[PDB]
**Q** 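Structure with bortezomib (bound form), see below.
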Amino acid sequence: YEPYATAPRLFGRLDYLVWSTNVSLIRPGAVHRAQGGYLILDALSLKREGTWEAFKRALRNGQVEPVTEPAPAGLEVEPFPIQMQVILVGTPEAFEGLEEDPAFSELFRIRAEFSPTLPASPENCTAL
Amino acid sequence: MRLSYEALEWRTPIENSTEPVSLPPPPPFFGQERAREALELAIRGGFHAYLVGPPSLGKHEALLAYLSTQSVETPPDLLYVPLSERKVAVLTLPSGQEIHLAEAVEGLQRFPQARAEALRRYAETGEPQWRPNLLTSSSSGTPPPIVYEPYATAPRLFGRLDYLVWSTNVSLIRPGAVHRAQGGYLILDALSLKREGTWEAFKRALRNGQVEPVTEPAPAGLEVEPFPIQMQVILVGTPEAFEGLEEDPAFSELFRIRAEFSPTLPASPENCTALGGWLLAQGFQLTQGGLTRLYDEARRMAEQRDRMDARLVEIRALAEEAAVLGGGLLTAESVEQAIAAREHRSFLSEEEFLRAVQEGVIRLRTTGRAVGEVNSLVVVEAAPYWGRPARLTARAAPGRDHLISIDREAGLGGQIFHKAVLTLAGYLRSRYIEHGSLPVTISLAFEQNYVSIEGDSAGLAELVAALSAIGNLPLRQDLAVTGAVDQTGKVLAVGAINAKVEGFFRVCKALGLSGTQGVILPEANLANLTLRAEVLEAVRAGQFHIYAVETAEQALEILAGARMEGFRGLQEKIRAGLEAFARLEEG
Amino acid sequence: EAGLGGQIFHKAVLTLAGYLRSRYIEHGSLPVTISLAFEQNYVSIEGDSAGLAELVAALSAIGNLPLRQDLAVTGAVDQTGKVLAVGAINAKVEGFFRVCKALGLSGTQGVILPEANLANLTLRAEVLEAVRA
Amino acid sequence: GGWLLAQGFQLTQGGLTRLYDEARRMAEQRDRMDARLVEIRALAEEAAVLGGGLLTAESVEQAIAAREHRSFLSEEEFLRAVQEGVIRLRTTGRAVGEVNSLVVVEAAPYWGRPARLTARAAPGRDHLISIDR
Ligand SMILES: *[B]([O])([O])[C]([C][C]([C])[C])[N]C(=O)[C]([C]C1=[C][C]=[C][C]=[C]1)[N]C(=O)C1=[C]N=[C][C]=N1
Ligand SMILES: *[B]([O])([O])[C]([C][C]([C])[C])[N]C(=O)[C]([C]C1=[C][C]=[C][C]=[C]1)[N]C(=O)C1=[C]N=[C][C]=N1
């Protein structure tokens, strides 16, 4: 669960030990850590951090690029087959920015909607 | 006219539901004769083309498969060579020939296109970045180069300069998509060109041959000569994505060939069979039942009994879900159940609405009779577009031909909604002239409506309610109504007719079905009724009724349970209300 | 008219008009100009839940009918003069109780509200005691 | 004609006449031709592919037809909706206060369509009401 969906947090980072860089200076982001499992992001953060389109490109095309700096040269990073299930979390309203994009319903086919209220029953009093 | 069950049934009969389907893959572009023949043209002429159609139709998958079948002369090798120590140019030789010359140069001639001198003075002056650069090479034009770059940034399109600490030279220049597509096809999404800001540089590439590798904000660099571009570009996008593009006269100049997908196909056995082989070639284990249910869901998606939705990516996404519910097997049940689960997963707002209706928090009648009241039908703004009844009231008082749309006056109704009310007015005034101008002020309200509403499809409901209020005619509350009207009192086709009928059924069912409920709708919309199974059963059972009409008075006779003429009919009761209102109006 | 009421508020007034005009037709069109004001209101107001209060006040003004001031009212109305459910019904009842109590409870105060809202009354303990008392 | 040959086309008299007459029709004037040489060439490029490299009358009439086909989806939809009675149009009989007016669709290539127009007359005080307006 990465609540703060910035490009370095999602995709990883290149460090440069003074410049060069190479395979072993590349740090993983959340997308690397969630392979073979679940990555959870908040829909508000994707919109607020501006990372929605890069994130689609990650899921639609396998492009996951570690973040570089504005200085001198760098590495081509090959796209890999992504192996993970993403769950986005947010309010009915937070998904509205997302849902104007036909790519969203294409990628997130399963809606899991909470009711704002439950039946007032002895069983729910006991659960509470 | 009454619509029997037999008239409403639209589904494909299934024989041997469980039998495995076995069918060959259809060609790319099946059902899409227009876009295939535009693309064949563009391929035959070297023209650049654009593939236009709604999202989730499968346009990129069809394009890439169709491009795989093509064949061209093997592409020349592709290089940057130095024309100087601060200058480069792009060169084509004949193929394979730069593994030579890498070393022929490496003696640090024949190869007659590799002219520019221009190397030739490090002994003339002892002066202490010259080896040619291979961008690409390949062994045949079969398949031809096919480069789909979804992310159209300047480095991705045009290549990049790296600087190994600063200098740089020929051999630090990396190719972009434009270099890789030479001698073949480059595919870009129209949305990406606009979003990455790369449309003008891209034109300059195609119009002027300027292809500049991206540099950094630091210290100096290379002039890069413009080369003769050798490639066909296909852009892909929706009808809307090309609109930003099309305000630019350069776009239609460069992309002369439009390849437009239809959003629907004919619903024929040939397209059902194509769909079936397409699914198997995608990997599904499919049964005849699952195939029929998917084909009939595609017709219902299209809201037309005669057409199927052409969006192959949507059909697959639903078969993916069905396949999980069938334990890996794509069956009739798994598909009807994947459908039901989608509705359940979006049904919270309806579950709330139904409960508020059951508690009387929303006041609705689905039985009895009332004057000047009608269940009109609306479709909820957010997907998946559930329909609901909306109570509509009309009240008539003595006054000076005013038709008052309360919703329109309070700022809740749109322009099309307003137009329907104006058109009703036009009908009323002109149809009832005995007293001069109409002696009544009618007001119409959508009783529990808190949001903006738009559309003309409540015109019929409004006009019946107004006529009822004029004539004091009790109307059945067990029948809901949708339909537009023209000034001549003719009923016209409306949208979302499945969601409207079904949403009245759902309200009737949560309140307990009385046996006589149903919906009156445009005769013009028969070919759009592709009703869910539960409604068709209820109609077959006698427990729900659909009436299609051509005129507003036909709807009023049904709701008032009387004839307009045969005179103790309705028309004389309307005229008597109007005479009553005309007398009240002069003391 | 002064720009303080919203569109839904305006809709309630239009709907009341529809009710009045159509319910009282003996003279032709209604022989009265009614004006309605929220006396000390300085801000924008919105909602349909004062329709009932507005329509009773207008009927009272037509007929010169003295109305009890010890009972407050909330409720929307439709064109047929039916009372419809409104929001925030606990806060409305309780806030009248609080004003009655700070002024000294007379014994006869209370609130008239939609039958449609019974299942939303979950009133605080102090109000239920006062009703019990 | 000499401009096309100097551009490299293999042109026949038929292809040349059909191109010149398409330029007049482009201009919408029998007396004038469209002066846009780059458009005329782009169409002759397409004709030349359909003529197997030869610019003939047929290849030009057929390049014209293929352009219309490639943009004809919206008309194919409109025609089908008209045939199904989803759009209500009459093209025979008579009717009072009804006329087929004609409009041109906003997006290129500017297809024309009939649009049913109705007028209704009632007794009243010199008002001409444009509902659409
Ligand atoms: B009919 O189809 O024209 C009908 C007319 C009547 C209810 C006023 N209209 C609607 O069903 C419209 C369809 C629509 C949906 C989304 C955007 C625009 C139009 N629905 C509504 O107007 C609507 C709006 N808000 C909430 C619920 N319904
Ligand atoms: B006529 O040429 O003046 C005619 C008048 C009538 C139909 C109202 N007008 C049109 O044909 C106009 C031409 C036009 C096209 C594009 C922009 C502006 C004007 N067409 C339309 O108004 C029109 C608009 N939207 C859809 C279809 N047609």
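In this entry the chain letters A, B, ... are assigned according to the order of the sequence lines. Chain A residue numbers are taken from the PDB entry; in order, the displayed residues are 268-285, 290-341, 343-400. Chain B uses the PDB entry numbers throughout; the residues present, in order, are 1-108, 219-226, 229-232, 237-244, 249-285, 290-341, 343-712. Residue numbering in chain C adheres to the PDB entry, whereby the residues present occupy positions 534-666 in order. By the PDB entry numbering, chain D shows 401-533, in order. Be aware that this covers only part of the deposited structure, with contacts counted strictly within it. Just the heavy atoms: all of them, side chains too, but no hydrogens, waters or symmetry mates, feed the values below. Just follow the structure's listing: the first ligand is 1, and inside any ligand the first atom is 1.
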**Q** Provide the name in the PDB entry for the chain that contacts bortezomib (bound form, ligand 1) most.
**A**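 Most contacts: TTC1975 peptidase.
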**Q** By chain letter, what other chains have any heavy atom closer than 4.0 Å to bortezomib (bound form, ligand 1)?
**A**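 Going by non-hydrogen atoms, B.
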**Q** Which residues from other chains neighbour bortezomib (bound form, ligand 1) at a non-hydrogen distance under 4.0 Å?
**A**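 Heavy atoms under 4.0 Å: B:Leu502, B:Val503, B:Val504, B:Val505, B:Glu506, B:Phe542, B:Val576, B:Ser577, B:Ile578, B:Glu579, B:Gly580, B:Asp581, B:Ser582, B:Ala583, B:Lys625.
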**Q** Against heavy atoms of B:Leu502, which atoms of bortezomib (bound form, ligand 1) measure under 4.0 Å?
**A**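 Result: 7 (C).
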**Q** Nearest protein heavy-atom contact for atom 24 (C) of bortezomib (bound form, ligand 1): which residue, which atom, what distance?
**A**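 Closest protein heavy atom to atom 24 (C) of bortezomib (bound form, ligand 1): B:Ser577 O, 3.1 Å.
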**Q** Among protein heavy atoms, which sits nearest to atom 13 (C) of bortezomib (bound form, ligand 1), and what does the distance come to when rounded to 0.1 Å?
**A**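 The protein heavy atom lying closest is B:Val504 CG2, 3.4 Å.
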**Q** Please tell me if atom 18 (C) of bortezomib (bound form, ligand 1) is touched by the protein, where touching means a protein heavy-atom distance below 4.0 Å.
**A**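 Given the 4.0 Å cut-off, atom 18 (C) of bortezomib (bound form, ligand 1) does not count as touching protein heavy atoms.
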**Q** Considering only protein heavy atoms, which is closest to atom 5 (C) of bortezomib (bound form, ligand 1), and at what distance to one decimal place?
**A**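 Answer for atom 5 (C) of bortezomib (bound form, ligand 1): B:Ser582 OG, 3.0 Å.
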**Q** Is there a covalent bond from bortezomib (bound form, ligand 1) to the polymer, and if so, to which residue and atom?
**A**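 The deposited model shows a covalent tie to B:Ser582 OG.
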**Q** Give one line per pair: atom of bortezomib (bound form, ligand 1), protein atom, distance. Only N/O to N/O under 3.5 Å.
**A**
from	atom 1	to	atom 2	distance (Å)
bortezomib (bound form, ligand 1)	2 (O)	B:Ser582	OG	2.4
bortezomib (bound form, ligand 1)	2 (O)	B:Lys625	NZ	2.9
bortezomib (bound form, ligand 1)	3 (O)	B:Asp581	N	3.3
bortezomib (bound form, ligand 1)	3 (O)	B:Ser582	N	2.9
bortezomib (bound form, ligand 1)	3 (O)	B:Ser582	OG	2.3
bortezomib (bound form, ligand 1)	9 (N)	B:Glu579	O	3.1
bortezomib (bound form, ligand 1)	11 (O)	B:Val504	N	2.8
bortezomib (bound form, ligand 1)	20 (N)	B:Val504	O	2.9
bortezomib (bound form, ligand 1)	22 (O)	B:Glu579	N	3.0
bortezomib (bound form, ligand 1)	25 (N)	B:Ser577	O	3.2
bortezomib (bound form, ligand 1)	28 (N)	B:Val504	O	2.9

